[PDB]
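Per chain, numbering begins at 1; letters A, B, ... match sequence-line order. In listed order, ligands and their atoms are each counted from 1.
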Amino acid sequence: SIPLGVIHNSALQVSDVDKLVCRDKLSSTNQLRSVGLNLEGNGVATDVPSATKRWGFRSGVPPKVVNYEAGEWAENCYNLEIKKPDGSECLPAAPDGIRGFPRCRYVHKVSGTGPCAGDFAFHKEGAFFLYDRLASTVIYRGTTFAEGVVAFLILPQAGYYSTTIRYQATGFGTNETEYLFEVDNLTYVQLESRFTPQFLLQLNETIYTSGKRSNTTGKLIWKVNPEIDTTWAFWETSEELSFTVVXXXXXXX
Amino acid sequence: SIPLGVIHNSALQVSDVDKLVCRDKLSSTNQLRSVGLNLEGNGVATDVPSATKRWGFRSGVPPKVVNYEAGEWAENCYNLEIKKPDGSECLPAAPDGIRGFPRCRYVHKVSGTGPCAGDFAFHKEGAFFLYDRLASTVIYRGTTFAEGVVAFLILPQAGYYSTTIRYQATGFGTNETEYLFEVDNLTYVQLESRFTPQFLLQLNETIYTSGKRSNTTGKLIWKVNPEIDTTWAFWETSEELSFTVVXXXXXXX
Amino acid sequence: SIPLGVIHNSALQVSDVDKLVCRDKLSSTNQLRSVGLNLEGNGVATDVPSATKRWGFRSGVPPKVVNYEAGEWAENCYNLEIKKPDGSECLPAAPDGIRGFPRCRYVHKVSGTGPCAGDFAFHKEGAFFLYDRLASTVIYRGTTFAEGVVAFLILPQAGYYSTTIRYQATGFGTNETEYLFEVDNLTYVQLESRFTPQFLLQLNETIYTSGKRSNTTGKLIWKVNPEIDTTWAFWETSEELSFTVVXXXXXXX
Amino acid sequence: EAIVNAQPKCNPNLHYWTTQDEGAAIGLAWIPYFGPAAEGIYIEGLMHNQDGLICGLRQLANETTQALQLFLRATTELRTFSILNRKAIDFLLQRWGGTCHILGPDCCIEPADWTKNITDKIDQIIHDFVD
Amino acid sequence: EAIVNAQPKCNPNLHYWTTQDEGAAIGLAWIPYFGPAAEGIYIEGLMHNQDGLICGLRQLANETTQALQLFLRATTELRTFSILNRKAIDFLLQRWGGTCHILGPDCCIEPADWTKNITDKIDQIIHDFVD
Amino acid sequence: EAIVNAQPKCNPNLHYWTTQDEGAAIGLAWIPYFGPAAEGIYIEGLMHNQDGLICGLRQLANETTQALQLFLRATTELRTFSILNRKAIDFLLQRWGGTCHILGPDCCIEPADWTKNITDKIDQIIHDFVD
Ligand SMILES: *[C@@H]1O[C@H](CO)[C@@H](O[C@@H]2O[C@H](CO)[C@@H](O[C@@H]3O[C@H](CO[C@H]4O[C@H](CO)[C@@H](O)[C@H](O)[C@@H]4O)[C@@H](O)[C@H](O[C@H]4O[C@H](CO)[C@@H](O)[C@H](O)[C@@H]4O)[C@@H]3O)[C@H](O)[C@H]2NC(C)=O)[C@H](O)[C@H]1NC(C)=O
Ligand SMILES: *[C@@H]1O[C@H](CO)[C@@H](O[C@@H]2O[C@H](CO)[C@@H](O[C@@H]3O[C@H](CO[C@H]4O[C@H](CO)[C@@H](O)[C@H](O)[C@@H]4O)[C@@H](O)[C@H](O[C@H]4O[C@H](CO)[C@@H](O)[C@H](O)[C@@H]4O)[C@@H]3O)[C@H](O)[C@H]2NC(C)=O)[C@H](O)[C@H]1NC(C)=O
Ligand SMILES: *[C@@H]1O[C@H](CO)[C@@H](O[C@@H]2O[C@H](CO)[C@@H](O[C@@H]3O[C@H](CO[C@H]4O[C@H](CO)[C@@H](O)[C@H](O)[C@@H]4O)[C@@H](O)[C@H](O[C@H]4O[C@H](CO)[C@@H](O)[C@H](O)[C@@H]4O)[C@@H]3O)[C@H](O)[C@H]2NC(C)=O)[C@H](O)[C@H]1NC(C)=O
Ligand SMILES: CN[C@H]1CC[C@@H](c2ccc(Cl)c(Cl)c2)c2ccccc21
Ligand SMILES: CN[C@H]1CC[C@@H](c2ccc(Cl)c(Cl)c2)c2ccccc21
Ligand SMILES: CN[C@H]1CC[C@@H](c2ccc(Cl)c(Cl)c2)c2ccccc21
Ligand SMILES: *[C@@H]1O[C@H](CO)[C@@H](O)[C@H](O)[C@H]1NC(C)=O
Ligand SMILES: *[C@@H]1O[C@H](CO)[C@@H](O)[C@H](O)[C@H]1NC(C)=O
Ligand SMILES: *[C@@H]1O[C@H](CO)[C@@H](O)[C@H](O)[C@H]1NC(C)=O
Ligand SMILES: *[C@@H]1O[C@H](CO)[C@@H](O)[C@H](O)[C@H]1NC(C)=O
Ligand SMILES: *[C@@H]1O[C@H](CO)[C@@H](O)[C@H](O)[C@H]1NC(C)=O
Ligand SMILES: *[C@@H]1O[C@H](CO)[C@@H](O)[C@H](O)[C@H]1NC(C)=O
Ligand SMILES: *[C@@H]1O[C@H](CO)[C@@H](O)[C@H](O)[C@H]1NC(C)=O
Ligand SMILES: *[C@@H]1O[C@H](CO)[C@@H](O)[C@H](O)[C@H]1NC(C)=O
Ligand SMILES: *[C@@H]1O[C@H](CO)[C@@H](O)[C@H](O)[C@H]1NC(C)=O
Ligand SMILES: *[C@@H]1O[C@H](CO)[C@@H](O)[C@H](O)[C@H]1NC(C)=O
Ligand SMILES: *[C@@H]1O[C@H](CO)[C@@H](O)[C@H](O)[C@H]1NC(C)=O
Ligand SMILES: *[C@@H]1O[C@H](CO)[C@@H](O)[C@H](O)[C@H]1NC(C)=O
């Protein structure tokens, strides 16, 4: 049975409607509320490599959607544009009335390719993909979502900035997935799990202002060597480097 | 809070479910009803020029639909087939299960072109477009609607003729909109706000029986000069004229 | 008013919620249930010729769907792929989330052609086409259904094998409909109403193991002569024959 | 609060159309295959302005619009069918969502006939106080 | 009103399939990614014709059809899921939609145990009438 | 049963967003044509971990998932909006779905003030036993 949150003795209890006592008063449907809470707030790793490993493709299971009325501002959201090698779309278009998650500090937009051995992409831990007040069991194409879960409550009677971070991916969904952070359409950085959003943005600004972008028709991929630090949860918390070149690979120290 | 109509002391009161007294008895969901009332019944101008100025295009606002169980016979309904100059449709196809308003004495079918600077056409005064027991915030293509509003009620315990009037329009939605009443595919009358439906139908019959239609491959546009009268609400209320010709314009007196 | 089933004095009564007495206790929505019962269980003929005569095409009536929570294992289900002579589809694709009936011993898959003089195919006796926990008034293309009806109840407080049988049809929906049972893509048997599913399967096995299939590029149609028996309801209940040939027709005795 | 019609005009008669969740069907007319098309499922009626209900209803629908539009803005349902059912629920929650204190103003329990069942049958004990 | 099965035949046994809104999942089986496909979510059972319930149920479903079809004709919902919830609401409105007159036939309030709480404790005052 | 947060971390503050079924609109802002776009309908707030409600809420949502996923597996509705309305109905059915036996544990009827309406006005008959 779907549990219900209720406040008793200055504490939140899990109860249900059939387990309340007569002193508990429900005088309006306004007292009943649904909330989406982000996995972020439980301490899960939010980097793109870690986050995408929590999702997988599966056939035979029809998608399901449930609404929720209130949500939590997210630091990390995700937006996927994945195709198969043959060019066909891996993810379905967002159904009518399903919009992106409304409050995202960083939108990790991942474009790329993978096998996608399944009709729909599900959350491997059973969580939901939270959109605009609608929670789905599956990922929709090009639609910003936060990973999260839904709670139901009985209440008692009585600026917004968003930054899009773009990635290229190969072998998406497998255990051999490669990620690149996109500086421009020809300059990229090899992505590692330890890179935080603010490190990527300052590494991006450094590459632009130090003039380390590609000045060729070809593709330039930087690698940040293990020397440099990057990383702790987001709610409780770069000037000059060296760049030399070595499909043109390179290294940054 | 959505208000509720209730009968008290031989009069309709606006109340709500949380404001009733114990003598008020609601013993069945059959006592709860929703009604669509037409703006017609409040005295608004119903001519095509006046009516279309109450609608406008807007992007960024998702359409919304609410059902209503009973409606009012309409004297004037509208049916729009508007395209952009490049030929693309301005209005979306009617969603599955949304049919035209069921009782219309006159269906003003307007075909034509306009800029349509917006994804959906809304009612500028916040009213609804009433279809078959479904009220929408937006206009659907080629689907007959009446302008109206919805009321919700708690009740106490205890021939159909329709005529389609066809119009051509240019600059639809702007303040420079031109309307023509269609007699046949090559004979038209310059439309003015004062022309009532019955005047248009009798002007149409006069043009047919006086043989004043175009006998050319070209387009013939009549103008009714300010001399002649036409017009008072619809619920409380032409033999021989002169026709001389002057894209072929002409005048009727 | 939609009737409600309730158990009283060791018997099922038709009642309603407004007709119960105070001793009748409804303490949970879990006590309210909907069931789909198959027409099979009432003794209707289930052969393809008899079953298809209960369905007909009709325009002007919008389809309607209602959910039901529990169903009955069916011995006979049906799956239709009917086109017009010009090749256009007679039946609409299954709407999103409408799957085939989940428990069918025999799925009679009928492919063929007919006039289909109507937008949707309805049940001539007012029954429903039961799908996966959704009952529809119309038939969907290539979607397995059982004919049945729905009941609503107030409860008191306190291996699966499926075989597909394939048919070809001409003049579907008329009173001049011809059916053929498909042995392979070139071997067929003229279908008669008396042929039970198990007779068709054993006639099929006999034709394969006696080597009576077509050994030509052409089409071979067997006819079972009135000599042989086949047929009583399904819940209360072939070795060697002669085959000689006579578009190649033939006879079996 | 009463309704004050403040519209430019009022059509005092309501020529209405609606359906019927029942209607004793004639023969086979309840069967979708045989029954009326979408255009033929309606019944009609005429209601006059007795007690001013029609002109009040037109004003009520007008004044309902803002709250209805704001409700529709906040919902993610594409088509809303649950307004009246939710108000039926809120009716019951308002009257029975808490403990019903008898004789209190928010408790719709009348002990009238059985105030007169005890005070009448006290004259079975004070009546028979004999030995 | 009782149910009279008037069908040509009756299958007296109900081999049924249904789902389960719960079911203590084994390990990860509740996760959609790991759980059963659409074909594997069903449970089965067999119910016999004790008290004639199965043959009565077949007749009940048969007789329900006209009212159900007429309801579906009148609704604009493409898929109807709210029939049973609305009947639950109409249950409560029938019993609690008005003032509950105690001891009346339409009021489901039993003052039994506490008819015996006053008439027992009248023997605390007529009991102690001593000075 | 109380909530034990067993997550690796807890963000003790809830920076939330939501809508508003009302909101006294300023002028014409309630009209869809003039009102905010989809991105501008939200209100924000900040809630802290007083009484441990935020960390308990995160654990509650976590533990709700299995029952919610199993419910979604069993339903044929593509989008579910009726969970909270059904729990409101089950609230009323649990308390008022049967006969309310006054003074019983499952009957939410308080005869307090009118236990004191009879036992006070017995001193109108035992009071006036004079001739
Ligand atoms: C509610 O909150 C709880 C607690 O936070 C969450 O519990 C998590 O549940 C998931 C399972 O769904 C757990 O994931 C599993 O972790 C196992 C261990 O992971 C590592 O653990 C340590 C390092 O942390 C190492 O010693 C170890 O070797 C692992 O490196 C993995 O073994 C599992 O992976 C295997 O099984 C899965 C299927 O489950 C396969 O997909 C993999 O390929 C692999 O074969 C799995 O990843 C997770 O650890 C739990 N967290 C905690 C803190 O206990 C719930 O998920 C949450 N509910 C919802 C709905 O969000
Ligand atoms: C419920 O019922 C009430 C009362 O009937 C309706 O009230 C109407 O509200 C609308 C606003 O939504 C009013 O429309 C506005 O009228 C202003 C005045 O119009 C003319 O008024 C007289 C002639 O009648 C002249 O003196 C004057 O110069 C105008 O010619 C206009 O100024 C407004 O137009 C301007 O603002 C709008 C946005 O509102 C822009 O689109 C325009 O481009 C322009 O800049 C506007 O048209 C209307 O007058 C009210 N009627 C009455 C009788 O008071 C409610 O609408 C109704 N509710 C629903 C939901 O139907
Ligand atoms: C609930 O349960 C009852 C009882 O089982 C079902 O009742 C059936 O109702 C249908 C009508 O919908 C009946 O069908 C009609 O049967 C007539 C007689 O059929 C034959 O009867 C005997 C042989 O059995 C012969 O003497 C006779 O000549 C017929 O051969 C037919 O005349 C009807 O066909 C004509 O009308 C229909 C429209 O109804 C046209 O489509 C045809 O072209 C033709 O002109 C019709 O077929 C059926 O007989 C009833 N059965 C019983 C046992 O009484 C309900 O249907 C059921 N409800 C639901 C929803 O399932
Ligand atoms: C048959 N009932 C019709 C007629 C009157 C009309 C009606 C009913 C009650 C009132 Cl007080 C008013 Cl003003 C108008 C109505 C409203 C909603 C649904 C149905 C109906
Ligand atoms: C597990 N419950 C099943 C079995 C019986 C079956 C059932 C239940 C009660 C009755 Cl009186 C009948 Cl005749 C048949 C049913 C009906 C609806 C939903 C579920 C179920
Ligand atoms: C304005 N109300 C917001 C703020 C708090 C937030 C909330 C409300 C009550 C509690 Cl007990 C908690 Cl932990 C959190 C909430 C939840 C659902 C819907 C709306 C809201
Ligand atoms: C991971 O990929 C490796 C290739 O290095 C391969 O051996 C194996 O198929 C994968 N293992 C798992 C557990 O997925
Ligand atoms: C970068 O590439 C994307 C995708 O090919 C394209 O849409 C975009 O216009 C490009 N931007 C620039 C600045 O070249
Ligand atoms: C990277 O830096 C450039 C330089 O200002 C900026 O235009 C661009 O938006 C930055 N990229 C991201 C993802 O912030
Ligand atoms: C040309 O490109 C290199 C990267 O390949 C960059 O580091 C360098 O600064 C560019 N040239 C100049 C003059 O900036
Ligand atoms: C109306 O159109 C005129 C052109 O005559 C133009 O000046 C102006 O843009 C429009 N005015 C308004 C108020 O829309
Ligand atoms: C008039 O024009 C319309 C649209 O071009 C066309 O569909 C219709 O057939 C025409 N009618 C006649 C009588 O020419
Ligand atoms: C105009 O008159 C002709 C002549 O009878 C008629 O056929 C036509 O329908 C009329 N048009 C309208 C819109 O009534
Ligand atoms: C030819 O057309 C004119 C309109 O241009 C019409 O008035 C006239 O009657 C027509 N000719 C005849 C002989 O009717
Ligand atoms: C049946 O088809 C026959 C052809 O043999 C034809 O006479 C008639 O149109 C049909 N009869 C009925 C009752 O449908
Ligand atoms: C039989 O025909 C069907 C339809 O033409 C085709 O899909 C199938 O592959 C064929 N099978 C064989 C064994 O030829
Ligand atoms: C007919 O018999 C053959 C021979 O085994 C078998 O492969 C085929 O599936 C049978 N057809 C049916 C419909 O059972
Ligand atoms: C060749 O086909 C016939 C049917 O036309 C079949 O009865 C016969 O057995 C086949 N030939 C052999 C040698 O089996």
Engineer: Can you help me out? I need the name, per the PDB entry, of the chain with the largest number of contacts to ligand 6.
Structural biologist: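 By contact count, the main one is Envelope glycoprotein.
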Engineer: Which drug name is given for ligand 6 in the PDB records?
Structural biologist: sertraline
Engineer: State which other chains have a non-hydrogen atom nearer than 4.0 Å to sertraline (ligand 6).
Structural biologist: A, F
Engineer: At what distance is the nearest protein heavy atom to atom 13 (Cl) of sertraline (ligand 6), and which residue and atom is it?
Structural biologist: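 Result for atom 13 (Cl) of sertraline (ligand 6): F:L57 CD2, 3.5 Å.
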Engineer: Which organism of origin does this entry record for chain F?
Structural biologist: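 Going by the PDB entry, Ebola virus.
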Engineer: Nearest protein heavy-atom contact for atom 11 (Cl) of sertraline (ligand 6): which residue, which atom, what distance?
Structural biologist: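 Atom 11 (Cl) of sertraline (ligand 6) sits closest to the protein heavy atom A:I7 CD1, 3.6 Å.
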Engineer: Counting only heavy atoms on the protein side, is anything nearer than 4.0 Å to atom 19 (C) of sertraline (ligand 6)?
Structural biologist: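 Protein heavy atom within 4.0 Å of atom 19 (C) of sertraline (ligand 6): present.
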Engineer: Can you tell me the name the entry gives chain A?
Structural biologist: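 In the entry it goes by Envelope glycoprotein,Envelope glycoprotein,GP1.
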Engineer: Got any other ligands or ions under 4.0 Å from sertraline (ligand 6)?
Structural biologist: none
Engineer: Can you report which non-hydrogen protein atom sits closest to atom 8 (C) of sertraline (ligand 6), along with the distance?
Structural biologist: A:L155 CD2, 4.0 Å
Engineer: Nearest protein heavy-atom contact for atom 3 (C) of sertraline (ligand 6): which residue, which atom, what distance?
Structural biologist: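 Answer for atom 3 (C) of sertraline (ligand 6): F:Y16 CE1, 3.8 Å.
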Engineer: So which protein heavy atom does atom 2 (N) of sertraline (ligand 6) come closest to, and at what separation?
Structural biologist: A:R33 NH1, 4.2 Å
Engineer: Within sertraline (ligand 6), which atoms have a heavy atom of F:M47 less than 4.0 Å away?
Structural biologist: 5 (C), 7 (C), 12 (C), 14 (C)
Engineer: Say whether A:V35 and sertraline (ligand 6) are in contact under the criterion: heavy-atom distance to a ligand atom below 4.0 Å.
Structural biologist: yes
Engineer: Which residues from other chains neighbour sertraline (ligand 6) at a non-hydrogen distance under 4.0 Å?
Structural biologist: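 Heavy atoms under 4.0 Å: A:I7, A:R33, A:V35, A:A70, A:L153, A:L155, F:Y16, F:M47, F:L53, F:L57.
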